[PDB]
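Bound state: Beta-lactamase + sulbactam (bound form).
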Amino acid sequence: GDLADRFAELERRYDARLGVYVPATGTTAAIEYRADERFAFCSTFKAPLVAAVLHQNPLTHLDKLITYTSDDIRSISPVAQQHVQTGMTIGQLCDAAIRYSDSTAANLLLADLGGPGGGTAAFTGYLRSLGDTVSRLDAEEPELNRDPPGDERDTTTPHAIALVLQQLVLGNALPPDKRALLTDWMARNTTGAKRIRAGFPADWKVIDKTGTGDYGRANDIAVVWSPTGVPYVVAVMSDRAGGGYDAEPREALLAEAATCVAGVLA
Ligand SMILES: *C(=O)/C=C/N[C@@H](C(=O)O)C(C)(C)S(=O)O
């Protein structure tokens, strides 16, 4: 059989472009499909963004209260838009940015990193520090979701983002306590039930961060644990750019790609 043929069939059936990377392990081959092609990050950047903030600061920094106004609310901020009066701590922002894809939380965390482009250069530099020379973040939320196809701004590749997530969750890019916090936030994500999680059987643990955007963009980056506790990183990226800027993102495409991946990792 050829798994690449089955990913090509998903592309045909969904009128989509699919990218997949599952890093090789001591026990498994890599899975790679369009893995070095660029795809918009969309909100998947929020996971390494939280890592960047954790990396740059002592854990006491999670208790720092960030204040902001209703004018700071960006598409879409399910948690921050209910705490304009109280503010939110850096830790609460990390929680919201990963678990609810909260865009104001991510923009405040970008600002916390500092520097030109409201933290986007800093974020890109953090990925460079992890050995990623391809990915780049150029815009804040929500504009980073809306670049036209072929524009390299705000893109990564499945290969790059998978190896970033590998280093962050399974590897030693972060000290183990900071790594635990990232992992726990991804483990309690609320936005991913219909994506990678939908493709892995219920006895596999799934932690993830989604992204969605223009041109039918739908992404999910996950770490999965088998029922025997063996971890894998699964990066699935998709768009439907042939359909135009308002092409519908298709979560099912990601669930079915994940099902094909689960099939070979079983
Ligand atoms: C992270 O993936 C954020 C995505 N945001 C977009 C989405 O499709 O959910 C919008 C449409 C909220 S943003 O206005 O592009």
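Residue numbers count from 1 along this sequence. Determined by X-ray crystallography, 1.3 Å, according to the entry header. Both ligands and their constituent atoms are indexed starting at 1 by order of listing.
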**Q.** Numbered atoms and elements of sulbactam (bound form, ligand 1) in range of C42, under 4.0 angstrom, heavy atoms
**A.** 2 (O)
Q | Sub-4.0 Å atoms of sulbactam (bound form, ligand 1) with respect to non-hydrogen atoms of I76 | A | 12 (C)
Q. For sulbactam (bound form, ligand 1), which atoms, with element, lie under 4.0 Å from some heavy atom of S75?
A. 12 (C), 13 (S), 14 (O)
Q) What residue and heavy atom of the protein are closest to atom 5 (N) of sulbactam (bound form, ligand 1), and at what distance? A) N145 ND2, 3.4 Å
Q.
Any protein heavy-atom neighbour for atom 11 (C) of sulbactam (bound form, ligand 1) (distance below 4.0 angstrom)?
A. no
Q. Please state which protein non-hydrogen atom is closest to atom 6 (C) of sulbactam (bound form, ligand 1) and give its distance, to 0.1 Å?
A. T212 O, 3.6 Å
Q. Which of the numbered atoms in sulbactam (bound form, ligand 1) are below 4.0 angstrom from a heavy atom of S43?
A. 1 (C), 2 (O), 3 (C), 4 (C)
Q. Should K46 be counted as touching sulbactam (bound form, ligand 1), given the test is an N or O pair under 3.5 Å?
A. no
Q.
At less than 4.0 angstrom from any non-hydrogen atom of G211, what atoms of sulbactam (bound form, ligand 1) do you find?
A. 2 (O)
Q) Contact between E141 and sulbactam (bound form, ligand 1), counting heavy atoms under 4.0 Å? A) yes
**Q.** Covalent tether of sulbactam (bound form, ligand 1) (residue, atom, or none)
**A.** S43 OG
Q) Which residues define the site around sulbactam (bound form, ligand 1) at a heavy-atom cut-off of 4.0 Å? A) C42, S43, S75, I76, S101, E141, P142, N145, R146, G211, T212, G213
